[PDB]
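The structure to be discussed contains ampicillin (open form).
All residue numbers refer to positions in the sequence shown, counting from 1. Whatever order the structure lists ligands and atoms in, that order sets their numbers, starting from 1.
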Amino acid sequence: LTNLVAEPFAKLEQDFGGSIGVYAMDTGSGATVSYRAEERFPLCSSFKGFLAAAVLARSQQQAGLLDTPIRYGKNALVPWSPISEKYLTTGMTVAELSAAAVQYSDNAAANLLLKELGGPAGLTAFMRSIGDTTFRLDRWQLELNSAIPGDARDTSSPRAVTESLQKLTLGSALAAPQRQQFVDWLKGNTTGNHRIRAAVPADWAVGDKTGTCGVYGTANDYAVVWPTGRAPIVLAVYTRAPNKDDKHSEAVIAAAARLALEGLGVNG
Ligand SMILES: *C(=O)[C@@H](NC(=O)[C@H](N)c1ccccc1)[C@@H]1N[C@@H](C(=O)O)C(C)(C)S1
């Protein structure tokens, strides 16, 4: 049921000047679209969705975790921290940091939450615990964005991202209240309007998390999509390019998502 219908991903990545990795899953029939799906690509900020899921998992065992206030000093503010910078003088709750990391890709909030989980190895351990043997986080923001060609640190594959996203949003990896909260955070994301969402009709529900490393044409998005009248679709789109100063493209991510949906026979 893989690639029942061929799509021109090769021409798309050639026009972009890099590599594109795609894995899309129709959760009803099990049919898939797959292109470079088992290659490693840098996560960039897309790790933060899984970080929020790991926080929610912990909260099943710590009833008070989400409401815990976290205070932080100016030395915790990283470039691109649009929410946490407004609460420096007050603090934010764990739930609010999680929402900011997912929905604004707030870099300081993500580092604070990583600390709570025991750092990159603690997030990697959570992904191992849901059966993902590919994902690895090695460093913190912003060093994890280096996107060096051939470097396996801070990478996963489009396929493993999609498989883990499915387990967390639709499967049994989180208890039902935490599952819906993860979904609601993804649905409220603000940074993805020009990526997978641009290929999804306005009358369908969707949640996503983006990543943009800033170098090596490296950027990405993953999403769960609920077309009306059929089962949901889970997909991941990752890009990279050979030269440090190659620019990323939002349009190429949207175009790859359109091809994935066409390949699954989802009318959009
Ligand atoms: C994670 O990927 C973060 N990326 C960065 O901080 C980069 N230094 C950067 C690249 C391009 C423009 C500004 C910063 C954050 N997540 C990105 C995303 O979710 O697409 C981001 C651009 C919102 S910042």
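For ampicillin (open form), the full set of ligands or chains is ligand 1.
By contact count, the main macromolecule holding ampicillin (open form, ligand 1) here is known in the PDB entry as Carbapenem-hydrolyzing beta-lactamase KPC. Closest to atom 1 (C) of ampicillin (open form, ligand 1) among all protein heavy atoms lies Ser45 OG, 1.4 Å.
Of the listed residues (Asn220, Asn189, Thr212), the one carrying the non-hydrogen atom nearest atom 22 (C) of ampicillin (open form, ligand 1) is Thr212. Inside a 4.0 Å radius of atom 12 (C) of ampicillin (open form, ligand 1) there is not any protein heavy atom. For atom 18 (C) of ampicillin (open form, ligand 1), the closest heavy atom belonging to the protein is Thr210 OG1, 3.4 Å.
Of the listed options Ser105, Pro42, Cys44, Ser105 places a heavy atom closest to atom 16 (N) of ampicillin (open form, ligand 1). Taking every non-hydrogen atom of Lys209 and a distance limit under 4.0 Å, the qualifying atoms of ampicillin (open form, ligand 1) come out as 19 (O). Per UniProt, the active-site residue of chain A closest to ampicillin (open form, ligand 1) (non-hydrogen atoms, rounded to 1 Å) is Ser45, 1 Å. The covalent attachment site of ampicillin (open form, ligand 1) is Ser45 OG. Taking every non-hydrogen atom of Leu142 and a distance limit under 4.0 Å, the qualifying atoms of ampicillin (open form, ligand 1) come out as 6 (O).
Counting only heavy atoms, ampicillin (open form, ligand 1) sits under 4.0 Å from the following UniProt beta-lactam-binding residues in chain A: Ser45, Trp80, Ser105, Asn107, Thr210, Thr212. Contact analysis leaves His248 out of contact with ampicillin (open form, ligand 1), as no non-hydrogen atom separation drops below 4.0 angstrom. Looking at atom 8 (N) of ampicillin (open form, ligand 1), its nearest protein heavy atom turns out to be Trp80 CZ3, 3.2 Å. For atom 6 (O) of ampicillin (open form, ligand 1), the nearest non-hydrogen atom from the set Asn107, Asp106, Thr191 comes from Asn107.
For ampicillin (open form, ligand 1), the residues with any heavy atom closer than 4.0 Å are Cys44, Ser45, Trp80, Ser105, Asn107, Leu142, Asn145, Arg195, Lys209, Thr210, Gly211, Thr212, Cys213.
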